[PDB]
Amino acid sequence: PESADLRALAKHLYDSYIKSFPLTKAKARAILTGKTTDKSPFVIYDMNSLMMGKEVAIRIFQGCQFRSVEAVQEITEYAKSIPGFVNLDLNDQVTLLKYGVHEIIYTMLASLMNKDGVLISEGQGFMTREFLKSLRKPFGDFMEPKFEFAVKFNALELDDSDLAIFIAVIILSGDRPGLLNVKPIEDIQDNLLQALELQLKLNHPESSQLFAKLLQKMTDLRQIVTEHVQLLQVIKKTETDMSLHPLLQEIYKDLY
Amino acid sequence: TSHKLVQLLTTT
Ligand SMILES: O=S(=O)(Nc1cc(Cl)c(Oc2cnc3ccccc3c2)c(Cl)c1)c1ccc(Cl)cc1Cl
Ligand SMILES: [Cl-]
C-alpha cells in the first residue's frame, strides 16, 4: 500500500528524469565504454585537438557557463515534476533552486566523467582531465575537486532510476537560508528519503550501507559547491567581465 | 527580483 506508493513515486520520478534530461547516465556509459553504434567521441587533449573540435581558459569557462544555463533549465523542469513542488510558495521554489542547482549539476556531471576526462556536447566530445588541469589559475583548479568526487561517487554504481530520487531529495532541502515555510519542504523530503531507502534496498540489495553512504555524499556535495563558489568570487573580484548569463547572475548573487 | 527563475518556474 504505502510501499506501492513509494514505488509509484520512484517510477514517476524516473519518467520525469527521462523527459527532463536528454543525456542520461545509461547513454553516457555506453559512449564512455564504447558500446554504441555511434562514432567514438572526438577527444580534446590540447590546443591542437581543441581547435579542430579570448584566451583558452576563458573560452572553456564560458562554455561551462552556457551549458550550465541549459542545465539549470532542465533541472527546473525536473523540479516542477516533483509532487508538491509547484504548490510551494514561489519564493521558496526560487530559494530551493538557487541554493541547490549546483549540487545537482555536479551530481549529474559525474555520470559523464571517468578518471581520465568528461563528455561534452551531448556526448560528441571528450575533454581529458589532464587538459583541464593544465589551465591557468584559477580555471585549472575548478574541475580537479569534481574528478576526485566523481571517481568515488561513480564506484557506488547508481543508475538513472537511483539518481532521479537522490536529486529530488537534495532539491527539497529544508535548511537553505531564507526559506519562509520550512515544514512543507521537510514533509516532501521525508517522503522522498523513504522512497530512496526502498529504491536502494530493491535495486542494490547487496551494497553495504548504500543509503548512509549516499547521505554522506550530499554533505560532500555542499563542500564541493562552497569551494566552487569561492573560485567564482575570486574570478569576479580579479578577472575581466565574463558577461554572465542573467540567469546565472541571479543564482550567484546570493551565495557569493 | 529573481525574474528569470520565476519565469522558468511558471512557464507551461
Ligand atoms: O568543472 S567545472 O566547475 N564545471 C563544469 C565542467 C564541465 Cl566539463 C561542464 O560541462 C561542459 C559541457 N559542454 C561544454 C562544451 C564546451 C565547453 C565546455 C563544456 C563544458 C559543465 Cl556544464 C560545468 C569547470 C571546469 C573548468 C572551467 Cl574553465 C570552468 C568550470 Cl565552471
Ligand atoms: Cl590556460
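Lettering of chains follows the sequences in order, A, B, ..., and the numbering in each one begins at 1. Order of appearance sets the numbers: ligands from 1, and atoms from 1 within every ligand. Both backbone and side-chain heavy atoms feed into the values below; hydrogens, waters and symmetry mates do not.
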Peer 1: What name does UniProt give to the macromolecule most in contact with ligand 1?
Peer 2: Peroxisome proliferator-activated receptor gamma
Peer 1: Report the drug at ligand 1, choosing among I-BET762, INT131, NVL-655.
Peer 2: INT131
Peer 1: So, around INT131 (ligand 1), which other chains have a heavy atom under 4.0 Å away?
Peer 2: A
Peer 1: Which residues lie close to INT131 (ligand 1), i.e. with a heavy atom under 4.0 Å?
Peer 2: A:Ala57, A:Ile60, A:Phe61, A:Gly63, A:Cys64, A:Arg67, A:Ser68, A:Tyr106, A:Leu109, A:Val118, A:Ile120, A:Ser121, A:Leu135, A:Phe139, A:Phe142, A:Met143, A:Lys146, A:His228
Peer 1: Going by the atom numbers of INT131 (ligand 1), which of them fall below 4.0 Å from some non-hydrogen atom of A:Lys146?
Peer 2: 1 (O), 3 (O)
Peer 1: For atom 25 (C) of INT131 (ligand 1), what's the nearest protein heavy atom and its distance?
Peer 2: A:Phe142 CB, 3.6 Å
Peer 1: Note the single closest protein heavy atom to atom 10 (O) of INT131 (ligand 1), along with its residue, its atom name and the distance in Å.
Peer 2: A:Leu109 CD1, 4.0 Å
Peer 1: What are the atoms of INT131 (ligand 1), with element, lying closer than 4.0 Å to any heavy atom of A:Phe61?
Peer 2: 28 (Cl), 29 (C)
Peer 1: Which of the numbered atoms in INT131 (ligand 1) are below 4.0 angstrom from a heavy atom of A:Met143?
Peer 2: 1 (O), 6 (C), 7 (C), 8 (Cl), 25 (C)
Peer 1: Please state which protein non-hydrogen atom is closest to atom 12 (C) of INT131 (ligand 1) and give its distance, to 0.1 Å?
Peer 2: A:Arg67 CG, 3.6 Å
Peer 1: At what distance is the nearest protein heavy atom to atom 31 (Cl) of INT131 (ligand 1), and which residue and atom is it?
Peer 2: A:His228 CE1, 3.8 Å
Peer 1: Atom 17 (C) of INT131 (ligand 1): which protein heavy atom is closest, and how many Å away?
Peer 2: A:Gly63 CA, 3.7 Å
Peer 1: To which protein heavy atom is atom 4 (N) of INT131 (ligand 1) closest, and what is the distance rounded to 0.1 Å?
Peer 2: A:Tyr106 OH, 2.7 Å
Peer 1: Taking distance alone, with N or O pairs closer than 3.5 Å, would you say A:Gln65 contacts INT131 (ligand 1)?
Peer 2: no
Peer 1: Which of the atoms of INT131 (ligand 1) are close to A:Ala57, meaning less than 4.0 Å from one of its heavy atoms?
Peer 2: 28 (Cl)
Peer 1: List the residues that UniProt gives as binding rosiglitazone in chain A and that have a heavy atom under 4.0 Å from INT131 (ligand 1).
Peer 2: A:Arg67, A:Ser68, A:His228
Peer 1: Which UniProt-defined domain of chain A has the greatest number of residues in contact with INT131 (ligand 1)?
Peer 2: NR LBD
Peer 1: Who's the nearest protein heavy-atom neighbour of atom 20 (C) of INT131 (ligand 1), and how far?
Peer 2: A:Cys64 SG, 3.7 Å
Peer 1: Looking only at protein heavy atoms, identify the closest one to atom 14 (C) of INT131 (ligand 1) and say how far it is in Å.
Peer 2: A:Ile120 CB, 3.9 Å
Peer 1: Does INT131 (ligand 1) have any N/O pairs with the protein under 3.5 Å, and how far apart?
Peer 2:
unit_1: INT131 (ligand 1); atom_1: 3 (O); unit_2: A:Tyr106; atom_2: OH; d: 3.1
unit_1: INT131 (ligand 1); atom_1: 3 (O); unit_2: A:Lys146; atom_2: NZ; d: 3.4
unit_1: INT131 (ligand 1); atom_1: 4 (N); unit_2: A:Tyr106; atom_2: OH; d: 2.7

